[PDB]
Amino acid sequence: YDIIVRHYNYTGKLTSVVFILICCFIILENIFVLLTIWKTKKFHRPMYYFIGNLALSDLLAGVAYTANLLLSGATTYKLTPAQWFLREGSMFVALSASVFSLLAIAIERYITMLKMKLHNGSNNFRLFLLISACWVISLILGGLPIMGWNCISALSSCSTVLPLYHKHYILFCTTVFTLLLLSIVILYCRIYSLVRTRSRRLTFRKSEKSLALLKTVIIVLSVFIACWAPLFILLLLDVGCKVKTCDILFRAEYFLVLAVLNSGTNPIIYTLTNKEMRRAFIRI
Amino acid sequence: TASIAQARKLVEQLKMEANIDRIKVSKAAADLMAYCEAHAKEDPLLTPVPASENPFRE
Amino acid sequence: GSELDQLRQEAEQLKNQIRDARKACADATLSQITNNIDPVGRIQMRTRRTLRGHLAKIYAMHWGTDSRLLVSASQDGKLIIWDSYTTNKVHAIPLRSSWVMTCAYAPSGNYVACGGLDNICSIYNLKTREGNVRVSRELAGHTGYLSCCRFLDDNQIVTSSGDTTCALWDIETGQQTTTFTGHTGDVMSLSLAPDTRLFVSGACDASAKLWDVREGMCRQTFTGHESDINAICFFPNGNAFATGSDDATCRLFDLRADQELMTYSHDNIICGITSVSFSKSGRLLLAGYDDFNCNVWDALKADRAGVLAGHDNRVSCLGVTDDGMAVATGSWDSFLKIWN
Amino acid sequence: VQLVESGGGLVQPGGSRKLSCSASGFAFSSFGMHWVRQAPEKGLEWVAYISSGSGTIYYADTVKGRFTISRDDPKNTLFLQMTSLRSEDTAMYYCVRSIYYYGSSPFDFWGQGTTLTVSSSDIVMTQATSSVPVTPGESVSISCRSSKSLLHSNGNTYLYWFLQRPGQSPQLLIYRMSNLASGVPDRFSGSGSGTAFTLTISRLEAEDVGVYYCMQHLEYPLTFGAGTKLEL
Amino acid sequence: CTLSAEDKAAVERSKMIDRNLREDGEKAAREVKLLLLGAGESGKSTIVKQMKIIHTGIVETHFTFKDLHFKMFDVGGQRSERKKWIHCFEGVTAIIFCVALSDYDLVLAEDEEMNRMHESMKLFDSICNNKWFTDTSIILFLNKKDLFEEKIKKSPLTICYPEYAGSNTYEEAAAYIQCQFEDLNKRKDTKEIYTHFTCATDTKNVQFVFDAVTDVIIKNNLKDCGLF
Ligand SMILES: CC(C)Oc1ccc(-c2nc(-c3cccc4c3CC[C@@H]4NCCO)no2)cc1C#N
């Protein structure tokens, strides 16, 4: 329309086959994980519901990325600005939800390991509260640009990587992502510290499981941070760089590839780690 | 020598059971058939009953 | 040493004469005679109620005479008395030792008893003046564990202990009156006749015997199984009884003639049998297998005619009501279900 | 079991004294409690109820919001407080235990009662007559009529029946329509249809004389009858 | 609604009954339950008597240590078949097993050719390789040590064990016995065996039991959330 051609002209914005197949692979992996978790009565405790939520969330992320890549192209100029805002909202709602779930998993793990309860049975109130809070916070963070911080008048305030979004919104997203990343590491280090000290101190007279826990922590905590670093550094970089002064900013499509591939690689790590679910998958 | 008592007890039980009367198998089958065919109307398991009379309605 | 040899050959020729008389008396199987009857189409029974509230495995269940109240025991140590129609609870009788494996209900609805692994049969009173439940008597005269106990009357109880014996008790005096012996293995199953004059018990070595309460001696014995006996129930007529086993085989016997009539075995089952109960008219032989589901084995045709697979773990107890209105099954997942 | 009432004294209008009753010999923690006011030469009327565990507290429409009642489980003692007091609150006070489950017998044991003196829609249930002269050894038929169909969809009428001995507290005779209570002889029998209920006595002696009452329990605001007297 | 005046009173009874059931079902779920087994002369009596006590057929012993409630079921008076009443002990944290070191040259009664260690190993094999106890660890105890030393001093060890290459030393004999007992364990990936030698100090035995229980609890909690 009128405002769409203006912003893209101001910012200067005037190889997509393998992404479709990797996204369809992610979707099939996720619908397989859902079918595996659902049909088995053994995996019905509140623990595996977090993994199911994460799988549904990264499935939605894959579908949203597929839709965004299909709609992207020369047709972006013809569509209405609300449709564009819709695309961005969908993308943010997918990825934010995926990162948020991943934190609730660690919160539940730390709460469980904090005190020995001798049983897997627990209240579902906390589970429902965590799931609902995660989902509503993701939805609110995705829909906030529609209500306010729209960057519709100040053309200079809009970002360089993509227009129509205010810079303060990107800053807020970065400042919340860094806090989530800090909390994840804090919990995943405190749980290992707790498990090691109690076992060494209180099981002294009569190891192998401590090293396995260390390996699991140094795998899960490292795969996520190693892949979510490029997107974060690009989002902090585009803020400072001025308009038309960064050539790398124009080629920002490749950075999202590994960011969404993290969502597809999370089920592999969260399934091959434990033996029970691996045996259940082998049986199927 | 202590198994003699239990041996005499078991042989006494056997010779006592050896005096039980026997009836023809066809007669027993006919009696069972008559019994199951006589009371077949009052069995709500194999005979369907409308839900308007079942106290276990849901 | 010749006395034991001569008594052994005497017993052997007695057994030979018994089996000869048993074989000469039979002419044809029951399945051959019942070849001109229309079989039932399909027994499609859906769950109606779901009695929940237990926190452990379930080992026993009995239906009251009013066909409305039922009692169940669990390893948690409770003796909850359920209401079948409304699903509310009526009592929460606790236990001293949380190891129980049997239950019973009085024909008048007054007393409820439950044995266990502590070889002590305790009887509770439900019609006391106060609002609680008191222990009327505690019977302790057995060495092995108690397996199953049924109320013969309001003042007499018969118990099946694990030390190869069965005894009849007295409630007022508290001491056993008559003891039945003769079994070689652990007696773990018995059921009372409708007229409460005779009762049969299932041994632990492929043996089932018939006892009388008045005279108090073994009359007839039946064999034919391979592994053992695990469940016993009479025909509604009271003149025959069908027994379970562990090698996926339940059979039906006759009392007048010690012959085997029919065998209900299938080539697709290799699992044991836990509970067996007949129907109101003696046409459906319900059996609860330990492969997570039940069966609706026909009594006269020896072909399956229904499956009640609505369970999570192995079923351990099930019994039809007095009027044939519904059947209740209890599994190890602490969930009772009422099928109709 | 044993029940007794305390806190009975002359009170001027506008003054309040709490009522206390102590129960011993049973599990008070699992019995509901009913209060019953008995006016002189008049029929008794329901007052208040508390369920097991103080879950549901009910009151009467006349004294609603003016009486405060509570239970004390550790000491097995029951308390009743009122705020305002009028000239018509002069009556006897009884407490009766009641437990409700399948096959139970509510209102089984009546208390002794105390004396209180003061100096200055719903179901309508009317009994047949005031008094009947009966010579010993004859059958007696008493009819209690209601203005509503007490028969519920479940299939059981909720009309209770009990007798009061002269000078002593009344005792329950027949719950529901027909069942006999525990301890009473089998001479008493009852029947009904749903609107008109009657009771028949086979043989009458001298130790069972007094006044009769019929209670309703279908709808919660309990109402009693006028009271028919038996004359020897 | 459809319920009558007194029918709602009966429904309230179900609620309080279920509340009282749930309150007691949670109090008994936070205490450790462990089973005791052993031979007739395996010194189970001196073990159950030496340890702290607070408390025919089954016998239950209740004692507390370090804010933990332990229950010890001594199934020793059951003369019936063991395969019938063994499935009710499916849920248990540990299985205490007690044997006697000095009981290796004393033949079992009414028999002159079979040694007691043989049926001890047979019972251990039947307990460890049972289809129900495929996930519960096993704590093992050696009751006598000084009498065992005296016996290996006056009597050689080769009478009980047919093959032996070491010398008659207690330090290596105990290690050989422990390695032989730990060998009869087919499920080497789902259960572990904690061995200990019974000494005169009760504090050491109670501390060892507490340590084994804490280790089992930690392993169960780690396997609960699928962390390893
Ligand atoms: C805590 C979580 C929710 O934080 C975040 C989660 C997710 C994201 C996030 N950014 C983006 C994104 C970034 C740049 C460009 C583009 C996109 C989407 C499409 C667009 N491609 C057009 C190229 O011209 N996609 O997702 C950022 C943050 C932050 N900060």
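Below, chains carry the letters A, B, ... as their sequence lines are ordered, and counting in each starts from 1. Whatever order the structure lists them in is the order used to number ligands and atoms, beginning at 1. What's counted below: heavy atoms across the whole structure, side chains too, no hydrogens, waters or symmetry copies. According to its header, this structure was worked out by electron microscopy, 3.4 Å.
By its PDB name, the drug at ligand 1 is ozanimod. Contacts with ozanimod (ligand 1) are greatest for the chain named in the PDB entry as Sphingosine 1-phosphate receptor 1. Chains touching ozanimod (ligand 1) with a heavy atom below 4.0 Å, listed by letter, come to A. Within 4.0 Å of ozanimod (ligand 1), judged by non-hydrogen atoms, the site holds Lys13(A), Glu88(A), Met91(A), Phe92(A), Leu95(A), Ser96(A), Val161(A), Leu162(A), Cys173(A), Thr174(A), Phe177(A), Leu235(A), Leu256(A). Per the entry, the organism of origin for chain A is Homo sapiens.
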